[PDB]
> 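Consider the following structure, which includes paromomycin.
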Amino acid sequence: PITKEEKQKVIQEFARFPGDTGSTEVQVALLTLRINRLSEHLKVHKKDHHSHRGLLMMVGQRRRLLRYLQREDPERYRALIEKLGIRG
Amino acid sequence: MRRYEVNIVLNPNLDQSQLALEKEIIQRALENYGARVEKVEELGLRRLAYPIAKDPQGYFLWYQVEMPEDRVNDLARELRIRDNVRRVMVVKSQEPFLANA
Amino acid sequence: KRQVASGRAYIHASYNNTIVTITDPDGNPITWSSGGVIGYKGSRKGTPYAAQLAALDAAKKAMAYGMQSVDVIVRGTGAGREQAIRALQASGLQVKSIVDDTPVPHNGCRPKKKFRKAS
Amino acid sequence: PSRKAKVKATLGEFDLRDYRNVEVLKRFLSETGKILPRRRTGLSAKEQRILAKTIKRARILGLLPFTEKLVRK
RNA sequence: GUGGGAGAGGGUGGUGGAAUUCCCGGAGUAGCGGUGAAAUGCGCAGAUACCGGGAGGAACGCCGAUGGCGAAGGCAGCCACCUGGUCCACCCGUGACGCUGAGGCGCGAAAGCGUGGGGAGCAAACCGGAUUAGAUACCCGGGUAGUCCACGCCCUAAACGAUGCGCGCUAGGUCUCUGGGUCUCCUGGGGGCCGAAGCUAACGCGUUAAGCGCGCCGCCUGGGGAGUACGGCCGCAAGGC
Ligand SMILES: NC[C@@H]1O[C@H](O[C@H]2[C@@H](O)[C@H](O[C@@H]3[C@@H](O)[C@H](N)C[C@H](N)[C@H]3O[C@H]3O[C@H](CO)[C@@H](O)[C@H](O)[C@H]3N)O[C@@H]2CO)[C@H](N)[C@@H](O)[C@@H]1O
Ligand SMILES: NC[C@@H]1O[C@H](O[C@H]2[C@@H](O)[C@H](O[C@@H]3[C@@H](O)[C@H](N)C[C@H](N)[C@H]3O[C@H]3O[C@H](CO)[C@@H](O)[C@H](O)[C@H]3N)O[C@@H]2CO)[C@H](N)[C@@H](O)[C@@H]1O
Ligand SMILES: [K+]
Ligand SMILES: [K+]
Ligand SMILES: [Mg+2]
Ligand SMILES: [Mg+2]
Ligand SMILES: [Mg+2]
Ligand SMILES: [Mg+2]
Ligand SMILES: [Mg+2]
Ligand SMILES: [Mg+2]
Ligand SMILES: [Mg+2]
Ligand SMILES: [Mg+2]
Ligand SMILES: [Mg+2]
Ligand SMILES: [Mg+2]
Ligand SMILES: [Mg+2]
Ligand SMILES: [Mg+2]
Ligand SMILES: [Mg+2]
Ligand SMILES: [Mg+2]
Ligand SMILES: [Mg+2]
Ligand SMILES: [Mg+2]
Ligand SMILES: [Mg+2]
Ligand SMILES: [Mg+2]
Ligand SMILES: [Mg+2]
Ligand SMILES: [Mg+2]
Ligand SMILES: [Mg+2]
Ligand SMILES: [Mg+2]
Ligand SMILES: [Mg+2]
Ligand SMILES: [Mg+2]
Ligand SMILES: [Mg+2]
Ligand SMILES: [Mg+2]
Ligand SMILES: [Mg+2]
Ligand SMILES: [Mg+2]
Ligand SMILES: [Mg+2]
Ligand SMILES: [Mg+2]
Ligand SMILES: [Mg+2]
Ligand SMILES: [Mg+2]
């Protein structure tokens, strides 16, 4: 799954400042983690639909957050996307 | 690395040599699959509620191990290879739940 | 001819008939009897009275083998189950124990429509 | 129904999650191998739910029975 | 975010016992079966009843609930792995990032279709026995597709709470599932029952609204003709919209 150290490692990676848990960058990074993991799971297990609904919801959430970021600070958006390697 | 409990029921009719052999093979598999043995309880020959492979009794072994998750299932399969092994049940360990405590 | 003298008695009782098998303690049948082994032919085999006559006939043919004491095992719900029990108790065979071995699946096999609304 | 005595009320402290303990688990089964209903066992929902899995595990281990014969009928 | 919880939520591999059928062996013999009553059927090539061994398919008794989980369809032996949702506590981070949602896309019980496996029990069609005025049926004996698995289609339903989704507001009582707390009680999330105000044609609903409100979507406009015709789109077909 996703253990504590993995999660912490990614949080402190995208944190705007020390102590930053819930900023948009961190949220999109976490979502991206879960999404890549879950997509990997659905590469096999193609008959698991219920999990796939989860994937859909996560992707939606991420897209909404990113849309907000694009709206607010286009540079921070560009940096985030470049970093995580999303869209395309 | 997660914590599991391996239950193994064996053939009651095994003498010293064959039994020590079976235990050595079991521990060699536990080694080969990367399982680290923490605590071991050997209960031995006990009555059964129903016959298992025609025998009214069984030889009980209990191990508490720490091993990688991905390998667990595989390990169990290996333990089932042996002819003299009656039952293998690998249970993910849990903390006791008391009633009347 | 055997000279067993102690054995098992199986009462298999369904709604349509009652059959009784007296066996040796290893399980092997000595004699058997049923509703139809006596005169009865049609639905009358399912009668408690038929179960009585069947039980008694089985017990008689058993005492010809020199049987003295039996252990009773009962299978299935139907009339004349308890009548077979009672007749065996009055038979002249000492009845040691009575046991219900009636077979039941753990949700195993699909029943005929008559037995449905279950599984 | 459940008219005699209180399965949990007369009993000590015990781990409900322990499958290997036969002497205590036997008390939760009827004359047949059946798992006793709550009204007998006197347990709660969570407790019962745990008990069931424990017993089933023990059965598979050959420690407890699945079904049994009824006596003196 | 951190910490803690319950769960038949889902996918893959493994594995357990009961019962049914079949095969082999033992012992045993005149019937078994079935119904309102019977007959077809099965049985002297030895059935039924009993024991021992074996094979295979499918479904998981008790627990089990007036219970739980899921968006819906729906989900129940046990074990491990993979994985979705959700609740609570702390008040820590971001700072309106929200709601709804035509089209689109995906999921979607049963039956049905395609290819290939499988096939114990059940069983449309069918073949028989009986019942009846007749019996194309209800009852009984057989029985193929199918029911099962994998992959691919079909897209329906009393797909039902016959009740779109979200938020706020408006007495309580009582049972229950699951958290937390100063743990007789308080506080939160589910599931039921009786009921303030109020609503309703009535039945009833009533903090799980069908009450008071706001936002957005879908839909209705007498019955038959008719979910028919025509057209279009979808489907291998059945057929669907
Ligand atoms: N236990 C494995 C299960 O397999 C399921 O699917 C599998 C099972 O249905 C089945 O496995 C074997 C099969 O290989 C073999 N040819 C016959 C065997 N009887 C099957 O096993 C199963 O069959 C059916 C399934 O409905 C059940 O009734 C039965 O209890 C079960 N033993 O075939 C499928 C492929 O192996 C699901 N993946 C999941 O429930 C679980 O992983
Ligand atoms: N859900 C399947 C069942 O899970 C049970 O245990 C499950 C629950 O106890 C546990 O719930 C945890 C919760 O404790 C904890 N406080 C928070 C966590 N997010 C939850 O986990 C949840 O979210 C994650 C994604 O983040 C999913 O991977 C997971 O499936 C889901 N249950 O997660 C476990 C795994 O899902 C059974 N022990 C297991 O045998 C069985 O597989
Ligand atoms: K009413
Ligand atoms: K066409
Ligand atoms: Mg009859
Ligand atoms: Mg069922
Ligand atoms: Mg059912
Ligand atoms: Mg589940
Ligand atoms: Mg034979
Ligand atoms: Mg002859
Ligand atoms: Mg023959
Ligand atoms: Mg076969
Ligand atoms: Mg029940
Ligand atoms: Mg339903
Ligand atoms: Mg704050
Ligand atoms: Mg600020
Ligand atoms: Mg839509
Ligand atoms: Mg479908
Ligand atoms: Mg189907
Ligand atoms: Mg097909
Ligand atoms: Mg049939
Ligand atoms: Mg028929
Ligand atoms: Mg065909
Ligand atoms: Mg065919
Ligand atoms: Mg399919
Ligand atoms: Mg309904
Ligand atoms: Mg409802
Ligand atoms: Mg309701
Ligand atoms: Mg409530
Ligand atoms: Mg409540
Ligand atoms: Mg009023
Ligand atoms: Mg009311
Ligand atoms: Mg309409
Ligand atoms: Mg009109
Ligand atoms: Mg008109
Ligand atoms: Mg139509």
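Order of the sequence lines sets the chain letters (A, B, ...), proteins ahead of strands, with each chain counted from 1. Shown: partial entry. Contacts: counted within the shown part. Side-chain atoms are counted along with the backbone in the values below, which use heavy atoms only and exclude waters and symmetry mates. Read the numbers this way: they start at 1 and go in the same order the structure lists the ligands and their atoms.
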> Give every ligand number or chain letter for paromomycin.
ligands 1 and 2
> Supply the name from the PDB entry of whichever chain has more contacts with paromomycin (ligand 2) than any other.
16S rRNA
> Heavy-atom contacts under 4.0 Å: which other chains make them with paromomycin (ligand 2)?
A, E
> I'm trying to map the binding site of paromomycin (ligand 2) - which residues have a heavy atom under 4.0 Å from it?
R34(A), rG4(E), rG5(E), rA6(E), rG7(E), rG9(E), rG10(E), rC82(E), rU83(E), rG84(E), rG85(E), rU86(E)
> In this entry, what organism is named for RNA chain E?
Thermus thermophilus
> Extract from the PDB entry the name for chain A.
ribosomal protein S15
